[PDB]
Amino acid sequence: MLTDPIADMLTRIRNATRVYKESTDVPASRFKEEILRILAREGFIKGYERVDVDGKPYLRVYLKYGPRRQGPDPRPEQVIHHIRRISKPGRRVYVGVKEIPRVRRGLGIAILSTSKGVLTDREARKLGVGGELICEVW
Amino acid sequence: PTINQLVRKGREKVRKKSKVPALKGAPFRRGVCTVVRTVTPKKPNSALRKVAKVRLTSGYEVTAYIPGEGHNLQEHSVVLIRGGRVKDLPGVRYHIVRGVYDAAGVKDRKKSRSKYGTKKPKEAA
RNA sequence: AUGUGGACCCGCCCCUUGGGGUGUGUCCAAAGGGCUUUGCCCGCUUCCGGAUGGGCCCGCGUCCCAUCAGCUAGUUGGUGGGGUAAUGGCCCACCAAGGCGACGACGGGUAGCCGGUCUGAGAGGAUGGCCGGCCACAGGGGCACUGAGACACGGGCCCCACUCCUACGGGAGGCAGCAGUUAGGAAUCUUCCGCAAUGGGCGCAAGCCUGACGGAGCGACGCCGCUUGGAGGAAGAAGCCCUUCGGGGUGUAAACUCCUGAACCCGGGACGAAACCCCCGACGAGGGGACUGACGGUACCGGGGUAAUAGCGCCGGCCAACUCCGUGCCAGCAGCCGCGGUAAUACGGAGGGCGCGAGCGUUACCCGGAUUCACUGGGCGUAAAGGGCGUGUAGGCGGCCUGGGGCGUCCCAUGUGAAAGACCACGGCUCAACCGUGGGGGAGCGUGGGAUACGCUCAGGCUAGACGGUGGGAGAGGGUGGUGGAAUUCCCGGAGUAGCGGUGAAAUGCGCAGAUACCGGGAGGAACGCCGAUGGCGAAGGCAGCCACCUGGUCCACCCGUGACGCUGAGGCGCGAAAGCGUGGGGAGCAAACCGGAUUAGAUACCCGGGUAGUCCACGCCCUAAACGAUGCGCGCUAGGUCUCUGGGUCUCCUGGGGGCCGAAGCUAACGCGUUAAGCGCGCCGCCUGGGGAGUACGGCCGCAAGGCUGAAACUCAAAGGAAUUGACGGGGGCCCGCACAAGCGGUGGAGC
RNA sequence: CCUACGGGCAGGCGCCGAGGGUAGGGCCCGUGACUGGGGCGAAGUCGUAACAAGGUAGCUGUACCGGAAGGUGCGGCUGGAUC
Ligand SMILES: NC[C@@H]1O[C@H](O[C@H]2[C@@H](O)[C@H](O[C@@H]3[C@@H](O)[C@H](N)C[C@H](N)[C@H]3O[C@H]3O[C@H](CO)[C@@H](O)[C@H](O)[C@H]3N)O[C@@H]2CO)[C@H](N)[C@@H](O)[C@@H]1O
Ligand SMILES: NC[C@@H]1O[C@H](O[C@H]2[C@@H](O)[C@H](O[C@@H]3[C@@H](O)[C@H](N)C[C@H](N)[C@H]3O[C@H]3O[C@H](CO)[C@@H](O)[C@H](O)[C@H]3N)O[C@@H]2CO)[C@H](N)[C@@H](O)[C@@H]1O
Ligand SMILES: NC[C@@H]1O[C@H](O[C@H]2[C@@H](O)[C@H](O[C@@H]3[C@@H](O)[C@H](N)C[C@H](N)[C@H]3O[C@H]3O[C@H](CO)[C@@H](O)[C@H](O)[C@H]3N)O[C@@H]2CO)[C@H](N)[C@@H](O)[C@@H]1O
Ligand SMILES: NC[C@@H]1O[C@H](O[C@H]2[C@@H](O)[C@H](O[C@@H]3[C@@H](O)[C@H](N)C[C@H](N)[C@H]3O[C@H]3O[C@H](CO)[C@@H](O)[C@H](O)[C@H]3N)O[C@@H]2CO)[C@H](N)[C@@H](O)[C@@H]1O
Ligand SMILES: [Mg+2]
Ligand SMILES: [Mg+2]
Ligand SMILES: [Mg+2]
Ligand SMILES: [Mg+2]
Ligand SMILES: [Mg+2]
Ligand SMILES: [Mg+2]
Ligand SMILES: [Mg+2]
Ligand SMILES: [Mg+2]
Ligand SMILES: [Mg+2]
Ligand SMILES: [Mg+2]
Ligand SMILES: [Mg+2]
Ligand SMILES: [Mg+2]
Ligand SMILES: [Mg+2]
Ligand SMILES: [Mg+2]
Ligand SMILES: [Mg+2]
Ligand SMILES: [Mg+2]
Ligand SMILES: [Mg+2]
Ligand SMILES: [Mg+2]
Ligand SMILES: [Mg+2]
Ligand SMILES: [Mg+2]
Ligand SMILES: [Mg+2]
Ligand SMILES: [Mg+2]
Ligand SMILES: [Mg+2]
Ligand SMILES: [Mg+2]
Ligand SMILES: [Mg+2]
Ligand SMILES: [Mg+2]
Ligand SMILES: [Mg+2]
Ligand SMILES: [Mg+2]
Ligand SMILES: [Mg+2]
Ligand SMILES: [Mg+2]
Ligand SMILES: [Mg+2]
Ligand SMILES: [Mg+2]
Ligand SMILES: [Mg+2]
Ligand SMILES: [Mg+2]
Ligand SMILES: [Mg+2]
Ligand SMILES: [Mg+2]
Ligand SMILES: [Mg+2]
Ligand SMILES: [Mg+2]
Ligand SMILES: [Mg+2]
Ligand SMILES: [Mg+2]
Ligand SMILES: [Mg+2]
Ligand SMILES: [Mg+2]
Ligand SMILES: [Mg+2]
Ligand SMILES: [Mg+2]
Ligand SMILES: [Mg+2]
Ligand SMILES: [Mg+2]
Ligand SMILES: [Mg+2]
Ligand SMILES: [Mg+2]
Ligand SMILES: [Mg+2]
Ligand SMILES: [Mg+2]
Ligand SMILES: [Mg+2]
Ligand SMILES: [Mg+2]
Ligand SMILES: [Mg+2]
Ligand SMILES: [Mg+2]
Ligand SMILES: [Mg+2]
Ligand SMILES: [Mg+2]
Ligand SMILES: [Mg+2]
Ligand SMILES: [Mg+2]
Ligand SMILES: [Mg+2]
Ligand SMILES: [Mg+2]
Ligand SMILES: [Mg+2]
Ligand SMILES: [Mg+2]
């Protein structure tokens, strides 16, 4: 039935990027959109947009890579090197603000759902809150 | 296993098995020699290895190795056992400690003297 | 007797579990002593309040075995009593029929719990010794008395066991207080000094008691601090060791020269001690006064002063340190790998070297390394590991939109987290160890306030999941009944005659009671040739002549219906090849066992000839497997190409479902996998944790039995494994050579020499 | 026995009761005549099952048989080589 739509979304991204796709659709959810917003603001994706696929709500998601590279294998560096669920149906992970982790000494994000909305670690730490630790992206 | 599975079952802590009933772990146990035999090794070794079957205070009758150049042990000898298998001799899991009770320490031993239990010699010292 | 008051019953207010108040009625107090003696000091009574200490109850937390699965009859609740300071099945009478359990009851094992301690990057693991806190115990079992408080270590009673006294009637005793003795053991201290300090009991006080305590004694048992000297001092003594015979080492090390001066001797000499008490003041505040030291003639200060202890382990690799001799698979070393069989850096000694140093090694135990129980942080195609398959219970997990609640979650404030210990300052002992002061953290839990993204929940909505409807399909899916032809055996008939059969070769065997081969007829049993596939169907096992009936699944088209109705699934229940079992049929062919013949050194086999169970049917058991894709189920996501089975379309081509092959990205130890993943992700289940012992023993469950499921330990090894590499080998393959054999001609083996 | 005549004390009976006994159940250890296998130990005996088509492909559940490895039946697997 699809147990974790967020893990799904993340993985669609992980997969499309590994073959340098220009875009992926992912079935649309408000929650999903909020995570993308962060994702876009932080420059992991180009951006995203609502669309209908067989007349059903998706979110097309424009991916984004490095430049062409030199020697053998000139496949671009990836912008999303790593993207990975934390909290999951099997095992939710919640943090207080004092235990929000520093992802790759801050060269990476952690998206994070709080009662003051979905936030990155920095946004949420300055806003002084914690909550469900959704995923870490570097 | 899944998390739900760990929650239901958990992991199992691994019990470590004693190599040595000098009974209660106790670092040394005193006994009385019974047979002071010679035994041949196995595997790829050859020699005539000196051995005591020992009745212990701990209740156990066990076989122990008599280390050192040569020894002074006969059939009622009374000795301290220490643990330390011998490896070429099967079923020999303990050594006798030399220098204690009726196991005299090794004479003529200049080097590693404190194992073998032989006091400081006195010519250039 | 007095009753400030308090207690009880009844009532009434307030308050809400038995908390305050109030009104009749009843009931309850007391002790005296001392004086520097008319006014104080110590006491006594009742009441209310505080302080301290406790009892009871509750939430949460607190080890191993499920090879302990069901436990309970004061049991569970109730009404009324009793008992208590007090609640309560704490106890009792009666009533009801209850209580607990896989979220692990009941049972067994093991253990005092904690603050802490050790370890670890942390998470975690181990631990509860000193010190502090709580419990429990006082030779073993019970019991109550007294009392604010005990069911009372040095109080009482009784029973039990042991020791001592005994005039045999009876008694006495309880070091898990301080010392100390003995026994056990690898092993654990003085029958010391003192109440001077701190604390404790009684006392108006003086004081008395205090093995609490403060000290000292003994053990390198640990930690810290310090000594065994310091500066000169040779191209370099001797001795010992190497040597390529030239030289090298020990080595500034020593001898020797200055210098300092642990030990030891002389002198002074503590802090810890100001209070209790007495005097002035008032017996209060304040002031004055006197006593008091176990440690100890110690610490510490001053004068003098002697060069004055070094050991243990290691030197093959892991690991820092190499040579000569001795030794010859011996003696021995050995943590693991392994050394030793005449040149051993591995054994023993020497020299030399490395490491620590009043210590150094050993054994034992904990954590570490071990991401080797993996939460952080592992795995299951072939290495250990996917349950034989399903159905589905509990449980776990759950698509999109809106609103309510705020249980999880997050935030703020606050109470709590004692002391010690831990972290950081600054201080005290010459330092440190040890210690004083101050600061800082700190999981967890309580109370009040707030947030609402996600999780939960309540209510509402949707249609992408799921299910359903209409129409169309392919199929060895299953069950029952029927039926067809070929073949084998047997029986009858004809014709026919000397063998058939069988093997490497044979023989046993069958055949003149006429076999074999051939034709005709009949009986029966079992199995379905071509089609047939690299095919199809089923969840697995597994399913194949044809027909009919009954019946399970599943695919496509329309996009009509319901509205998250979903996934997974411990246990349960069902299915489950062959062999095997029971009862009863049946029995052609085949065929364990068995009876024979060959072969062979032997042949309890391979080959041949017989042949019973069985193989077949029905019903009932068994429940296993190389039950294999050796690959759990479900869902989403990530190039293609090619062949095939089966739907639909606008039928060159497009679009579903299924079976193969090659292969993107990617993964893999490799082999390989690769939209039919072993790729990328989520959910839920099952399983693994070195090899052998062992799928054994024990126990339980099941079974008619055979057996099946579950499943150890002792002991023992340093591997056991997987994939791939190079070879080598094959009574594997292909290609090919050589007087290798074949074709030839002459020899040797015989005789003499 | 004491009494202020209210009662108290002795004493007696009873319930509970440590422990004791008898019969039946269970559980834990010892010790054991006799018996079954197992590990380990340079150079003992019989064959040769397996590894190369191991000279009968192997392995496997099961059933029977046999000094021993094993062999045979039936069914399964390829984790069999040779075209
Ligand atoms: N072992 C192979 C199979 O694992 C299967 O399930 C597992 C796999 O599907 C998958 O595991 C993946 C693995 O596929 C793939 N090779 C990559 C990944 N490392 C693994 O993931 C797993 O392990 C990592 C840690 O290594 C975890 O962080 C992660 O959460 C966990 N899913 O997710 C499951 C997690 O164990 C089935 N159990 C069975 O088919 C078989 O056991
Ligand atoms: N509380 C005041 C004093 O504090 C001390 O606590 C402190 C000291 O014990 C200790 O501090 C000192 C440190 O300050 C000083 N700068 C260095 C010294 N190594 C530390 O000492 C500590 O550490 C070492 C090793 O860990 C050990 O000797 C021992 O654990 C302890 N002495 O750690 C704490 C913080 O510095 C005492 N433990 C305590 O008995 C005393 O009261
Ligand atoms: N072939 C018939 C079918 O087989 C199944 O089972 C039946 C038969 O197969 C089975 O065997 C029959 C038997 O009926 C009858 N009493 C004896 C007869 N010889 C048998 O005959 C059948 O089976 C055997 C098996 O090889 C053969 O003869 C042949 O294959 C077939 N005709 O016995 C069952 C009933 O007696 C199904 N039950 C049914 O569909 C149908 O009878
Ligand atoms: N190894 C334990 C088990 O039992 C047997 O193994 C034991 C005996 O069979 C085997 O015996 C062998 C023998 O077969 C072989 N042909 C001759 C050899 N001398 C024997 O050797 C045995 O005995 C000698 C004394 O004679 C010992 O020195 C030696 O340790 C041991 N290997 O040696 C084993 C010693 O344990 C089976 N081989 C095997 O099933 C299984 O591994
Ligand atoms: Mg994608
Ligand atoms: Mg908090
Ligand atoms: Mg050797
Ligand atoms: Mg009054
Ligand atoms: Mg009165
Ligand atoms: Mg009551
Ligand atoms: Mg105990
Ligand atoms: Mg660790
Ligand atoms: Mg503990
Ligand atoms: Mg007692
Ligand atoms: Mg008590
Ligand atoms: Mg006493
Ligand atoms: Mg003794
Ligand atoms: Mg005192
Ligand atoms: Mg005092
Ligand atoms: Mg000097
Ligand atoms: Mg001088
Ligand atoms: Mg070295
Ligand atoms: Mg040595
Ligand atoms: Mg030599
Ligand atoms: Mg060595
Ligand atoms: Mg040596
Ligand atoms: Mg670990
Ligand atoms: Mg893990
Ligand atoms: Mg592993
Ligand atoms: Mg395996
Ligand atoms: Mg399977
Ligand atoms: Mg299911
Ligand atoms: Mg369910
Ligand atoms: Mg949801
Ligand atoms: Mg809340
Ligand atoms: Mg504290
Ligand atoms: Mg200082
Ligand atoms: Mg709180
Ligand atoms: Mg709804
Ligand atoms: Mg005929
Ligand atoms: Mg099959
Ligand atoms: Mg519709
Ligand atoms: Mg509707
Ligand atoms: Mg069956
Ligand atoms: Mg059968
Ligand atoms: Mg039968
Ligand atoms: Mg035969
Ligand atoms: Mg035959
Ligand atoms: Mg036959
Ligand atoms: Mg496949
Ligand atoms: Mg396909
Ligand atoms: Mg492929
Ligand atoms: Mg094992
Ligand atoms: Mg291999
Ligand atoms: Mg090879
Ligand atoms: Mg020739
Ligand atoms: Mg001749
Ligand atoms: Mg009485
Ligand atoms: Mg032996
Ligand atoms: Mg064979
Ligand atoms: Mg062959
Ligand atoms: Mg063989
Ligand atoms: Mg063979
Ligand atoms: Mg078989
Ligand atoms: Mg046979
Ligand atoms: Mg077979």
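Chain letters run A, B, ... following the sequence lines, proteins first and then strands; every chain starts at 1. Counting convention: from 1, in listed order, for ligands and their atoms alike. The displayed model is a subset of the deposited entry, and contacts were enumerated within the subset.
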Review point. Which compound, drug or drug candidate, is present at ligand 4?
Key: paromomycin
Practice item. List the macromolecule sharing the largest contact count with paromomycin (ligand 4), named according to the PDB entry. Key: 16S Ribosomal RNA
Check your understanding: Which other chains have one or more heavy atoms under 4.0 Å from any atom of paromomycin (ligand 4)?
Key -> D
Check your understanding: What source species is given for RNA chain D in the PDB entry?
Key -> Thermus thermophilus
Review point. Which other ligands or ions, listed by number and name, are under 4.0 Å from paromomycin (ligand 4)?
Key: none
Review point. Which residues form the binding site of paromomycin (ligand 4) when counting heavy atoms under 4.0 Å?
Key: D:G39, D:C40, D:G41, D:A42, D:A43, D:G44, D:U45
